[PDB]
Asks: 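Spironolactone + Solute carrier family 22 member 1, experimental structure. Questions below.
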Amino acid sequence: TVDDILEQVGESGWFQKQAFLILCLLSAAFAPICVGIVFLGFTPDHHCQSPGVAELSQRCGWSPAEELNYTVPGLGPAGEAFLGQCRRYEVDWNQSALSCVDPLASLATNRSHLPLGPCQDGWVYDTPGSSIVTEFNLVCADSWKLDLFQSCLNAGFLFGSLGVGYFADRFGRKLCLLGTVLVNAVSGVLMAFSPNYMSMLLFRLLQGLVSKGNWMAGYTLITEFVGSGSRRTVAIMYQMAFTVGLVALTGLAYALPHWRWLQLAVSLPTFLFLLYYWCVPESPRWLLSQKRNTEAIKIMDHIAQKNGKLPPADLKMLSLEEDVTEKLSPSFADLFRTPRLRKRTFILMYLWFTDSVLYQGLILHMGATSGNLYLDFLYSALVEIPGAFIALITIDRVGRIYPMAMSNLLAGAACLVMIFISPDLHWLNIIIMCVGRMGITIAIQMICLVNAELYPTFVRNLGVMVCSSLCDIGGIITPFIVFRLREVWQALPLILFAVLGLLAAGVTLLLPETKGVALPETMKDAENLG
Ligand SMILES: CC(=O)S[C@@H]1CC2=CC(=O)CC[C@]2(C)[C@H]2CC[C@@]3(C)[C@@H](CC[C@@]34CCC(=O)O4)[C@H]12
């Protein structure tokens with residue numbers, strides 16, 4: 001009966017726009033946590049630091065180009081670039097060379113007979129700004145610890161997703177928003193003032209613990225607040241905030257080259273939401289799922305007062321249809337109580353894992369697009385807009401199962417097309433990648449809507465975090481899987497991606513259709529889904 005009161009009081013009102021903006025704020029302050037390693041951990045051109053090279057450079061006044069050419073051993077990178085970015089000339093350069101204009105008097109090739117040692121004086125970087133690998137020297141033998149950032153972030157995602165999902169289900173959406181936003185702000189603030197890498201790793205673990213739960217608790221609140229018809233328009237445009245945050249992250253990263261200033265800049269919307277927190281109330285469906293009737297009635301009265309429309313006479317005694325107890329049972333065994341619910345939970349878990357694996361693979365496989373890193377990130381980020389608009393015009397017309405199925409089938413076909421596509425005519429390969437990424441983004445938005453729609457209110461956050469826990473596992477194992485499979489066969493990850501996409505497209509058809517259906521409230525209501 002919550003939807004009837006929402007319709008009588010007026011859904012998608014001005015207060016709904018205000019709540020939409022202030023809750024989509026999180027979605028804009030969530031991208032630097034997830035994908036901020038692109039700008040906080042970019043690896044510039046580097047080589048070994050030789051004290052004798054600088055003396056000759058100051059003596060002859062050499063320009064940095066030919067000084068770099070005559071200084072590094074590996075002028076030609078040849079892919080690995082270990083001779084340029086790890087090798088140091090053991091022959092001294094402080095003494096006057098035979099010819100300071102590109103000296104080669106060490107040997108016939110000046111590298112074959114001259115011994116090549118590792119870096120001893122540190123590293124230099126050809127960039128006006130700073131980064132993680134710039135500050136902590138993570139380029140030659142410490143390059144594997146750059147991936148530890150994302151690894152700790154995803155492990156925190158998993159663990160804190162489960163924990164914060166249970167916390168949000170038990171103590172409500174508002175208290176979870178308080179806790180996760182506080183820990184996110186603290187974690188960013190001491191991220192930007194971390195002396196060592198271990199402190200950063202611990203704070204990245206904490207950010208992974210709270211950030212995903214914060215984002216999807218806000219998404220769950222903003223989904224439950226609107227009626228049956230505006231769920232599409234709210235849940236699709238909630239990721240417009242993420243896209244806008246991606247664009248703003250790129251712009252502020254171009255504005256601020258140093259990573260500490262970037263973290264200060266991206267830690268600000270969380271504090272400004274802390275300043276503007278009191279403008280959102282709790283979800284009335286969760287309040288009715290806790291036998292707190294008068295708080296939900298007060299929330300409806302406040303919404304009526306803010307919207308300018310008088311509350312109806314039936315707004316009082318707003319209660320559940322068959323409320324018999326507190327309905328406080330957020331359980332991990334609640335999801336697998338029924339064979340139907342266990343089937344849909346396993347389907348959503350496998351679908352989340354497949355979508356995460358496919359998204360990470362499609363992101364990683366295409367990285368040869370040259371130019372600026374900021375322009376590459378803009379091209380990767382702006383491609384989600386037309387597919388999301390295609391979604392926003394196709395959920396209402398078709399539904400929530402067929403667009404997801406087609407999108408997964410299109411992603412699998414695109415993974416099965418670019419394998420047989422020649423390396424020549426790169427424009428076709430780029431547009432095929434773009435089509436596959438478009439379908440993947442549509443499928444991710446569809447599963448984000450469907451996961452939230454197909455669960456009871458008192459199970460919803462915990463059940464989604466259980467279903468979405470396989471995304472972080474896929475994010476962890478995907479780079480290792482693609483690396484070892486690429487070592488085995490040049491195209492084996494592509495066939496595995498196509499197989500996973502085809503099986504995911506086949507699997508999602510067994511999900512119940514939830515087009516034009518109100519959110520379930522009791523245990524029996526979700527058993528009736530589809
Ligand atoms: C990098 C990833 O793995 S997904 C990324 C983070 C994430 C992890 C979860 O487990 C929970 C859900 C999320 C928040 C996704 C939600 C949907 C996002 C925002 C996606 C990035 C782009 C997409 C699809 C197209 C669009 O319009 O926005 C989110």
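In this chain, numbering begins with 1 at the start of the sequence shown. Side chains are part of it too, since the values below use all heavy atoms of this structure and drop only hydrogens, waters and symmetry mates. Both ligands and their constituent atoms are indexed starting at 1 by order of listing.
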Asks: Using a non-hydrogen cut-off of 4.0 Å, what is the binding site of spironolactone (ligand 1)?
Replies: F30, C34, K212, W215, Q239, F242, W352, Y359, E384, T441, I444, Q445, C448, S468, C471, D472
Asks: Hey, could you check which UniProt transmembrane segments of chain A have a heavy atom closer than 4.0 Å to spironolactone (ligand 1), counting from the N terminus?
Replies: 1, 4, 5, 7, 8, 10, 11
